[PDB]
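Drug bound: rilpivirine. Macromolecule: Reverse transcriptase/ribonuclease H.
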Amino acid sequence: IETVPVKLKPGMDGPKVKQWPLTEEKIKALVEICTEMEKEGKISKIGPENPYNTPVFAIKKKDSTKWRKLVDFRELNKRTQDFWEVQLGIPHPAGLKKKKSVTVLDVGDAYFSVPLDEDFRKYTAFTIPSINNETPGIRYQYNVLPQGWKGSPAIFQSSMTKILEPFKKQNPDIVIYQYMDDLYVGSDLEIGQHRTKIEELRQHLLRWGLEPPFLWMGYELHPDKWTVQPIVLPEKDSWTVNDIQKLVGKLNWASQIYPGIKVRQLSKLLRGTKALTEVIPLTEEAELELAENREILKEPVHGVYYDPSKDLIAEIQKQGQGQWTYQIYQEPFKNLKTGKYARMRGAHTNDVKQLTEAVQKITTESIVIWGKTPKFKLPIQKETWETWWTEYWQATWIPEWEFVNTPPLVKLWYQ
Amino acid sequence: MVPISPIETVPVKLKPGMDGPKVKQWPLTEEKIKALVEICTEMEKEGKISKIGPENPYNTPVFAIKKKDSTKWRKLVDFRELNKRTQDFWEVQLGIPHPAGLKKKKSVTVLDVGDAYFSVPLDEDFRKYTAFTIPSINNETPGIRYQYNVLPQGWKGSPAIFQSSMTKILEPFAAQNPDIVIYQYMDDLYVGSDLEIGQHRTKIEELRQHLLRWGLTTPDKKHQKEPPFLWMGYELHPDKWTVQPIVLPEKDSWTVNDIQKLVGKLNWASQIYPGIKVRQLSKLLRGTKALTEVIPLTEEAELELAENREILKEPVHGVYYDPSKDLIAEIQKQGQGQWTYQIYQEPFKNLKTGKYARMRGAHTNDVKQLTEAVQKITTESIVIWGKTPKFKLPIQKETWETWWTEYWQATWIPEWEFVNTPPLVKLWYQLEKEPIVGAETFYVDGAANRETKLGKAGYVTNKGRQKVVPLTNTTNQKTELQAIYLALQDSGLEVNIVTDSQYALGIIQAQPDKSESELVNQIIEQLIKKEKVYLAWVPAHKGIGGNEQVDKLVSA
Ligand SMILES: Cc1cc(/C=C/C#N)cc(C)c1Nc1ccnc(Nc2ccc(C#N)cc2)n1
Ligand SMILES: OC1NC=Nc2cccc(F)c21
Ligand SMILES: [Mg+2]
């Protein structure tokens, strides 16, 4: 009810980010949403003495028909002071990734009950554009904690802990982790039990609230079943020259990750200048070397540790037929997680929609495991991604990304 | 008197840490001083400026400029220094409407709102920074000191604050009259509708009456400006639009500057004249910016210019947007990285046209360029109309499917249909997914000495076919490409090629059909002639038969 003082980082002005082009349906949705927010006091119109701007668009969350306003506060979040005053940080719960069900709640509507520091509000300015710039863009700023801003969970944290005390005391084995506008609630109960505890939890926030438009939803995950991708080599009875070449190439790559990998004896099978399709019998020396390599590859990579002070990097490869591989790492060749998708939803003839869904799933995994989002290296031309990703986005956060323009040879090794 | 509502002031600040201007007033002639004193007395009578005491420490210089061919002087207060120190503002005019996104209107009336400008008060706490001094006659008394009470012409914040103040005044009128449009440009309001003229003129009078609520008077003797409007380089008419006349000069010899001006005109023209091209003429501007340097026009530039003159021989107009109809965008390949497009709703009635040029880069292909053009038109269309057009593209559906399913990147083009108008975009080659049974296998390699730039490229095959070629003035990368070229030259229609060059694989896996490297282009021409090609990569220096032998032959 009283505002927490907020500042930008030293020697740092507010965001001045261009609003990107919006479709007619998104503009009309935003006009309707913002007219109601304004009536409710959450936002107010601003004048030309506020030169700041942050982009806005609109999404439909997974399984809903109602538009949600999404502000892209990535720039404001970079420029906002860090929040360690009451707590150096919320030590990330390593047990969340171990639960049999984790449900993700959109709780961001709660933030609107806390006023934003009057001196910081100008920095949350945003614009609803008009088609063809025929009328002046509608300019607003927030009067309350905005969804998507990194300060909002920080400032609301005291209020959230208090709302949740009764549920936590009564259900002590539940893991509850907050990330931006999401609440992650992990249990090891039967899903019907689980859903009921989730609904129990909603009521505490409905109760406190006295309506939240997306609180009723639930994104159900199951991280104990999350799969990884170790390095595996083919098991064959007939090896062609080409097969052995590909094997030697894969093993050479793997030897950058794993010390003791050897290819001497396998390379020796190819002596001469043979046709690619010719079948080569493995010698005993080569079968032994291969077996030794297989055994090395069953072990974990050496010297792999997470440093919370370093960025997480996520790489994605398109494998075809709807399949995507990915790796999350901080240092080259020291993967912290690898994985693979294929279940790409309602996107069989759309690569970009599939990639956008993969980016969201990887980010979700990253949040659950380390409590932060990775920086993506995306296999797509910048202009294609920027034109389309907002059409498929369903999450209330947005990670950072860069673009890969040269085809990586290593895609082959993750197939 | 009738009370009027005040116009809310915008609070204004100087940039952090800066103070107001303290700029010396230049000496003026006795003649200019008398003129400024009379001018400012009138401005003061009208409430625009007020005299101030000597405490105010700020100053901005004032000038007197003779309005040409008149005995009347005009005052100029030079706010350059205050502007450097004034905060930045939100500028709403950054995006200007494109005519092709406008809607047809039966009537458009203009209203002069120049007098309103001076009903807009300046933030009381900022006025002190606008102080200026008329020097005294003979410098024998203190100069007369004034500050502004209204938005000064030439001050940084005046356009943004005037527009935002007028928009706020206009908002309830527009909201409650959804059957008109209102647009502010300079000191004029443009009001458009589809109403019968009597109702339309009624709305205009009602608007004049709304404006009076703030004491804002508009001239009775209605505006002289009438359709067609000359606005931002366009001509707007009630039911069509075009660019203002495009006249390409005749010239016996061309300067850098002339060619820059020519290309700018062509670019402007290309939004409604279909087919405009500027590649060859822009090529002439490469690198140099000596504005007076003469450049001979290539024969290719002369043909491009001649083709453009023909396109521009007679007027072309665009139609306005009908939201009840779909938007269609059709694209053609023009050659040399150039693409042209038309956006229409009814056949043969374009809303607008435009062009797209290949991005600078080492290697490229037509499918990528077409995709980029689609992505550009899509974004332009979202800006102008708020929706993606349906596309008509010169690429077969099966070609696109083969491309995107096998391309290493994610890629997508929105709803489209094939239009069979040459030249068609096609896939010139496609590499095999598996080694070819029965096709000879070429193990290729090259190497170069970094100091002497001498090198070798060659191959050895499973049939004992071998070649090594000595090369001069070369590099490891070039020799690695030369080796693949040799294998393609000397093989039959089906071939397996084994390379250890990550560089060459990176290029070939990008699937170029044209390159800045003539060696890559030679490789592409060979690939086009094959029936099947499988390219296999192996790590260098690993004892891999075939690879090891050729590496030995070429590194010697
Ligand atoms: C952007 C704009 C510039 C001018 C005028 C600028 C200046 N000078 C005048 C108006 C009224 C507008 N605003 C809009 C908005 C929607 N449709 C239209 N269509 C429209 C406008 C003018 C003519 C005509 N003749 C025909 C149709 N204009
Ligand atoms: O940029 C322009 N704006 C308006 N009219 C023009 C006429 C010729 C060239 C040109 F660049 C322009
Ligand atoms: Mg070599």
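Letters go in sequence order (proteins before strands), and every chain restarts at 1. Note that ligands are numbered from 1 as they come in the structure, with each ligand's atoms numbered from 1 the same way.
To find every copy of rilpivirine, look at ligand 1. In contact with rilpivirine (ligand 1) at heavy-atom distances under 4.0 Å, by letter: A, B.
With distances taken over non-hydrogen atoms, the option nearest atom 12 (C) of rilpivirine (ligand 1) out of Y321(B), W231(B), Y183(B) is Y183(B). Of the protein's non-hydrogen atoms, the one nearest atom 21 (C) of rilpivirine (ligand 1) is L102(B) CD1, 4.2 Å. When non-hydrogen atoms are compared, rilpivirine (ligand 1) lies under 4.0 Å from the backbone of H237(B) (N, CA, C, O) but not from its side chain.
Scanning all protein heavy atoms for the shortest distance to atom 16 (C) of rilpivirine (ligand 1) gives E134(A) OE1, 3.6 Å.
Given atom 20 (C) of rilpivirine (ligand 1), the protein heavy atom at minimum distance is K103(B) O, 3.5 Å. Residue contact annotation: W241(B) has no non-hydrogen atom under 4.0 Å from rilpivirine (ligand 1).
Closest protein heavy atom to atom 9 (C) of rilpivirine (ligand 1): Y190(B) CB, 3.5 Å. Among protein heavy atoms, atom 22 (C) of rilpivirine (ligand 1) sits closest to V108(B) CG2, 4.0 Å.
The deposit lists the name of chain A as p51 RT.
Every atom of rilpivirine (ligand 1) is numbered from 1 in the order shown, and the set under 4.0 Å from a heavy atom of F229(B) is 8 (N), 24 (C), 25 (N). Site of rilpivirine (ligand 1) with heavy atoms closer than 4.0 Å: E134(A), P97(B), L102(B), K103(B), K105(B), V108(B), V181(B), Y183(B), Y190(B), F229(B), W231(B), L236(B), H237(B), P238(B), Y320(B).
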Quick check for students: name every N or O atom pair between rilpivirine (ligand 1) and the protein closer than 3.5 Å, with distances.
| from | atom 1 | to | atom 2 | distance (Å) |
| --- | --- | --- | --- | --- |
| rilpivirine (ligand 1) | 8 (N) | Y190(B) | OH | 3.4 |
| rilpivirine (ligand 1) | 17 (N) | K103(B) | N | 3.2 |
| rilpivirine (ligand 1) | 19 (N) | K103(B) | O | 2.7 |
| rilpivirine (ligand 1) | 25 (N) | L236(B) | O | 3.4 |
| rilpivirine (ligand 1) | 25 (N) | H237(B) | O | 3.3 |

